[PDB]
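Chain A corresponds to the first sequence line; subsequent lines are lettered B, C, and so forth. We're sticking with the PDB entry numbering for chain A, so the shown stretch reads 1-272, 285-358, 367-438, in order. Since chain B takes its numbers from the PDB entry, the residues it shows come out as 1-438. The residues of chain C that appear here are 6-28, 44-74 by the PDB entry count, in order. Chain D uses the PDB entry numbers throughout; the residues present, in order, are 1-103, 125-363, 372-380. The structure shown is a partial extract from the entry, and contact counts are restricted to the extract. First listed ligand is number 1; within each ligand, the first listed atom is number 1. Every heavy atom of this structure was used, including side-chain atoms; hydrogens, water molecules and symmetry mates were not.
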Amino acid sequence: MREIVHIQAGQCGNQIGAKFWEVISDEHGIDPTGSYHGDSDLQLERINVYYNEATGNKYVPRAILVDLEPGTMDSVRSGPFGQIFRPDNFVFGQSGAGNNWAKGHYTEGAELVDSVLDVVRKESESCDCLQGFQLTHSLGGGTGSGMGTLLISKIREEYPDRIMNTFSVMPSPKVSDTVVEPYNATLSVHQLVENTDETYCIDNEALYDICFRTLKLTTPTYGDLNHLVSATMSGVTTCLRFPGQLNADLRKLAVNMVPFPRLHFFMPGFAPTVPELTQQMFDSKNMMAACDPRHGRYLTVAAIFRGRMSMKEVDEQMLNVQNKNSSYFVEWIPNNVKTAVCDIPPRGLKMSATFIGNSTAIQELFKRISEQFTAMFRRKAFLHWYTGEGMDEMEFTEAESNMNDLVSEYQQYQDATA
Amino acid sequence: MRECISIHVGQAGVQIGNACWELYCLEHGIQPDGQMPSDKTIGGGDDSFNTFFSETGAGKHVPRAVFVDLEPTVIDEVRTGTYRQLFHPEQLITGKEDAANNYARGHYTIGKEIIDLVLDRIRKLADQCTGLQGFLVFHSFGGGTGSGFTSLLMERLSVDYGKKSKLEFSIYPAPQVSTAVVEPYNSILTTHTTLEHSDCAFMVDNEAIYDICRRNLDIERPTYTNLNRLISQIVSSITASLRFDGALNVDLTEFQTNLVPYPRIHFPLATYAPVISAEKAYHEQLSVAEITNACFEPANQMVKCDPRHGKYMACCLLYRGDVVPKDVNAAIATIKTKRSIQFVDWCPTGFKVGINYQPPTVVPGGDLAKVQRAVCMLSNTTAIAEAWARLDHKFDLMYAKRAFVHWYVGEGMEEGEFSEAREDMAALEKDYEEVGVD
Amino acid sequence: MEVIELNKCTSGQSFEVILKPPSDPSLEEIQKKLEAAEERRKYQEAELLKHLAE
Amino acid sequence: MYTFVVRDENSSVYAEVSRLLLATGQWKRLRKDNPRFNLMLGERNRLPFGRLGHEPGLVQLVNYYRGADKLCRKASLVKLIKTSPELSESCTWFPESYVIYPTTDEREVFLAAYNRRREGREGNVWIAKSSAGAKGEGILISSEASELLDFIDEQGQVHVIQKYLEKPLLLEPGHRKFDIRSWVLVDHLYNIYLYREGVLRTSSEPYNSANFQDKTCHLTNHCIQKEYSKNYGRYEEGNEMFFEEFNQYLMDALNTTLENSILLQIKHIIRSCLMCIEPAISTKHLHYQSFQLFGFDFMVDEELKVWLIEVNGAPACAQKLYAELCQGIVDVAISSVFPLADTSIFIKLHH
Ligand SMILES: COc1cc(OC)c(Cl)c(-n2c(-c3ccccc3)cc(=O)c(C)c2-c2ccc(F)cc2)c1
Ligand SMILES: Nc1nc2c(ncn2[C@@H]2O[C@H](COP(=O)(O)OP(=O)(O)OP(=O)(O)O)[C@@H](O)[C@H]2O)c(=O)[nH]1
Ligand SMILES: Nc1ncnc2c1ncn2[C@@H]1O[C@H](COP(=O)(O)OP(=O)(O)CP(=O)(O)O)[C@@H](O)[C@H]1O
Ligand SMILES: COc1cc2c(c(OC)c1OC)-c1ccc(OC)c(=O)cc1[C@@H](NC(C)=O)CC2
Ligand SMILES: Nc1nc2c(ncn2[C@@H]2O[C@H](COP(=O)(O)OP(=O)(O)O)[C@@H](O)[C@H]2O)c(=O)[nH]1
Ligand SMILES: [Ca+2]
Ligand SMILES: [Ca+2]
Ligand SMILES: [Ca+2]
Ligand SMILES: [Ca+2]
Ligand SMILES: [Mg+2]
Ligand SMILES: [Mg+2]
């Protein structure tokens, strides 16, 4: 009875979240109508974490769909699992955000934010013991970034003692389709650094490379990329959704993954013999964030293996990776690599592994955005679009300072010794 | 007849608590429904097995136990387990959300909200006691509840039952068996706060239990069931003196007077032998001298350490089964010559022995083999301090960089308590060194 | 190396073997500590809501 | 591959085998505090023995035996020999010794011995030494018990008084003193390996029975010889005579051999000492394994009887022999536990 309230905002948030509900609905064996037609009772032991039990034994996700542009709502509602969701949980506007963070955070999103919190109060009050919230959104746009972080700030006011998770698609180093994304990303990161307990960094360029270089898709699409992200989201939340040797929640994950409150930005991975999975799983080629783990040290790591597989074999292989490449792990957090196993594998797979790393190498990402942010901000390029919504330049300078301070923090523990 | 109340705190204490009360019922012939045909005194009695069980007019023998956890997952299984009928629901207390591996959350935040209810339910059992002796507290060092709430309860028990004795059964964290990066923090904090309120504490290192299970029972990946069933055997042998007629360790107060000349050094090392796989075809019966010698092999201890490099201040031998005093005395004589056994000059080099003719019991379908003679040795050796140093070193590595400290401060604790408790452990480690090293 | 303090019963027997001879806070104090911790949490939460109010 | 750590940065012997292990290409060096090591080249003082054998999935080896200090300390050794039945207080290969505490003390015991030898006009030269003494200083020889105790009171650390060998075997040409150093390796299986190559450490000043003031002719520490010895290195390079030459000298000068006259007694002393402590330090059933290299110091009297004087748990090798001995440590004490990818120099002393 540790329920999670899911929220998805913006195109990216809704497209990624919609595919996420498709994935776990299959894992819990729930059809688009919301009725269970599975085989094992282990699919239901912890189903109330992500679903409400409705009259007629229909299952309804604790999902809240948000955007300032109604177009993406209609796509969700007409998608494979469109009619699963609660009609009243579609909270949308008509104006859109125009890739403008200020519109999403201060004007257009501020008009709609209360309506979203009202839907949150419904869901949260209908929870035996509310555990926390999870958000899926992009940082480069205006709604998921600007309004997304506004929703986070408001939720922390009502629920200051609850856990806030996010799955944030970050700007990629070379692939971009938004000219002002450095402004939007830097403004969002300064919000995420303060009002989130855990943030999974997702990079579309890395996801595209996997789809193209590895999976051999000659014409990858956002559907293919979303499938990879959804597969990772299911893998991360496997322990929250299924029983097993591990009985842990989101707060325990944060307590053990975050040695310092601001450094809570994780590097996700996914794979694909047991030895070969652990080899893949730690590979740069399998990392969902555009940062080389070899360019830093892991503060903490979490690995989840799924499917019938030799436990002792995994333990030996994991322990080998730690001891073999121990120079990439901080020496002052003893036993900072923990592993969990679940008997239920995903669809069309016999074995799978999900990776969650709190690596100091993630500062490379915040370096990039800072340098891109400064190049535009020095010349106040495109700024009038933000000051026109009522922002002041000082709010831009503060975000620049904070993300540089965050970058400064990461470098501190990347060279710390015992 | 003086009663003993058992309090199980957190996941480890509760799950171990069940394995213990599962075994107690088998050793006494108590059925899962609570009715034991062997009992002639219905609705009461002054029998020794009543020290752990109360009786009802209906014939049910109700354990004198309380299970407490800050989330209901573990205790729910108790309420719906094979032994569900055995306890009245009131003895099972559960919260809503756990301490999340945070000593502060279990001690300060949530401990304050549930302490009064727990003490009331304990006092309900005490009111059914005519000569209550003390408490046996089962808990883990690592869990947020096991470490945080337990230290709070032990403080209140020293207040509400000042004269009564308190014994600990503590699970020492081990990387092999599902630990958390912050368990060294929790283990140090709960030891510091509980040290002055615990008369005698039996540590059990999951590393040692894990290796014993994986080596002597041929279990590739031991589960919590494997470890708890083995842990229950050592606990049962330690508590048998309270549940059966005898003249040794019959009172909780006797436990430390026979094992603890120094108040703070109250962590006796437990060694158990023989551990035999039931899968073993027709395991040849071992001898008294053979199992007694195994009590000095480090591979059989509950805490992997080297008593040869410490000093003993007390030693007890607890035999179960067909054992005659002549064989025990013969075995001791022979192994004093072979083994390195150095007592402190201010104590006598002696062994307090006890024999219970009932052979050890084994759970049906369990991994332990039905043996005819078994022994558990309890020795207060300074070598157990090796465990504190290991834990203290891990504490130091993280605390030097204040990793995870913010989680504890956020719950109301001050960084001062981190350094205060570490200072206490530095003193405890040094106390051990003065006694056990020249 | 003598056996002393031997005691026997039908359940068992016990004895000793000498190989060689030799050569708390009150309740209110508890709650003040718990109250001091609660005040610290409340002050921390007040600063959060104050900053969120700004 | 394997991993190891170095925590005795001033160790001459283990500084070189740290380079040997890296040269193999199947080993790597982590820093002091990284706990994920297969081998530890631990510190000399207060090595954290309690933290070994607890890292999951890592067989761990250490280059020291927990408890060997009982044999490598001047005070402990005398107590260990007198209280162990294996060796006993009447031990014959160990000079008469007594532990003395300045300011469990045997002052009056040694006082009963000196007076006994005063009645019979027997030799009464004694030497006081201690582990505190360093760099060839802190050791005084006298035939007056009063002088010895007084010197021990100015010093602070525990001291021991040992019957001085007034009649040492003297090499010719030179009429000079010497001591013998044997290097012994004990692996994790507790096999006792005696290095084939020993060394005589020679005084370059003729042994002067008259005055013990000039301690250059009485103390044969290479350390002191370089300090205040004129004739340094006159006979053998650096006052280091080796077995091949000494064996030839024994043949030419005394119609005997090094094996029969001396080495047979050396092997017996090494076994007796190490077997005496095997039950206390053996790691055959421990969560971690141990090996250690010792350095036994011997004195030969004119009757070709071998005496033991000191034992070193952190000894230094001879410059000519570092290459061979250090390589042996890897083959016997390390590669045995950690095999690499696909003639002996030691003498195995049998159980
Ligand atoms: C993030 O900025 C983008 C820039 C860009 O071209 C410069 C493209 Cl094509 C895409 N993009 C689009 C798309 C977006 C906006 C307008 C039209 C098409 C749709 C689509 O399904 C996929 C997979 C991608 C994509 C993602 C990550 C890559 F590494 C490579 C391609 C995204
Ligand atoms: N031997 C044994 N140890 C256990 C068992 N369960 C948990 N542990 C140990 O306990 C530690 C985890 O803390 P728990 O006691 O489970 O947590 P808790 O007491 O419920 O407190 P919370 O943090 O609130 O959940 C780990 O170090 C485990 O090694 C068990 O069933 N048997
Ligand atoms: N009983 C004795 N009779 C004669 N000479 C002795 C003696 N005991 C010691 N010596 C001389 O004193 C010298 C050093 O003695 P000792 O062994 O106490 O010093 P030490 O421990 O610093 C040597 P190391 O540094 O190799 O351990 C030896 O070279 C030896 O010649
Ligand atoms: C969602 O449920 C999870 C919850 C947790 C963990 C985790 O990763 C395996 C989870 O799955 C993703 C977790 C990870 C961090 C730690 O390692 C650094 C740790 O010690 C702590 C672990 C978990 N503890 C154990 C023994 O597995 C508790 C926290
Ligand atoms: N993975 C994924 N990323 C997307 C998708 N749509 C947009 N993005 C990312 O988000 C950015 C555009 O922001 P957008 O989603 O329109 O944000 P919005 O304005 O809040 O709706 C691009 O740079 C993409 O990297 C999608 O369908 N899938
Ligand atoms: Ca408007
Ligand atoms: Ca409202
Ligand atoms: Ca009865
Ligand atoms: Ca008390
Ligand atoms: Mg728990
Ligand atoms: Mg010396």
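For ligand 4, the correct option among quinacrine, colchicine, tofogliflozin, cariprazine, tivantinib is colchicine. Taking the chain with most contacts, the partner of colchicine (ligand 4) here is, per the PDB entry, Tubulin beta chain.
Other chains reaching under 4.0 Å from colchicine (ligand 4) with at least one heavy atom: A, B. The PDB entry assigns chain B the name Detyrosinated tubulin alpha-1B chain.
Atoms of colchicine (ligand 4) found under 4.0 Å from any heavy atom of B:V181, numbered from 1 in the order shown, are 17 (O), 18 (C), 20 (O). Counting heavy atoms only, B:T179 comes closest to atom 24 (N) of colchicine (ligand 4) of the residues B:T179, A:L240, A:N256, A:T312.
By heavy-atom distance, the residue among A:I316, A:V255, A:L311 lying nearest atom 12 (C) of colchicine (ligand 4) is A:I316. Residue A:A314 has at least one heavy-atom neighbour below 4.0 Å for each of these atoms of colchicine (ligand 4): 8 (O), 9 (C), 14 (C). Source organism (PDB) for chain A: Sus scrofa.
At least one heavy atom of A:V313 lies less than 4.0 angstrom from colchicine (ligand 4). Those atoms of colchicine (ligand 4) that come under 4.0 Å of a heavy atom in A:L246, given as number and element, are 24 (N), 25 (C), 27 (O).
Taking a cut-off of under 4.0 Å to the non-hydrogen atoms of A:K252, the atoms of colchicine (ligand 4) that pass are 29 (C). Among A:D249, A:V236, A:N348, A:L250, the residue whose heavy atom lies nearest to atom 18 (C) of colchicine (ligand 4) is A:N348. Atoms of colchicine (ligand 4) found under 4.0 Å from any heavy atom of B:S178 (numbered from 1 in listed order, with element): 26 (C). Counting heavy atoms within 4.0 Å, the binding site of colchicine (ligand 4) comprises A:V236, A:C239, A:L240, A:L246, A:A248, A:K252, A:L253, A:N256, A:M257, A:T312, A:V313, A:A314, A:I316, A:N348, A:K350, A:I376, B:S178, B:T179, B:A180, B:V181.
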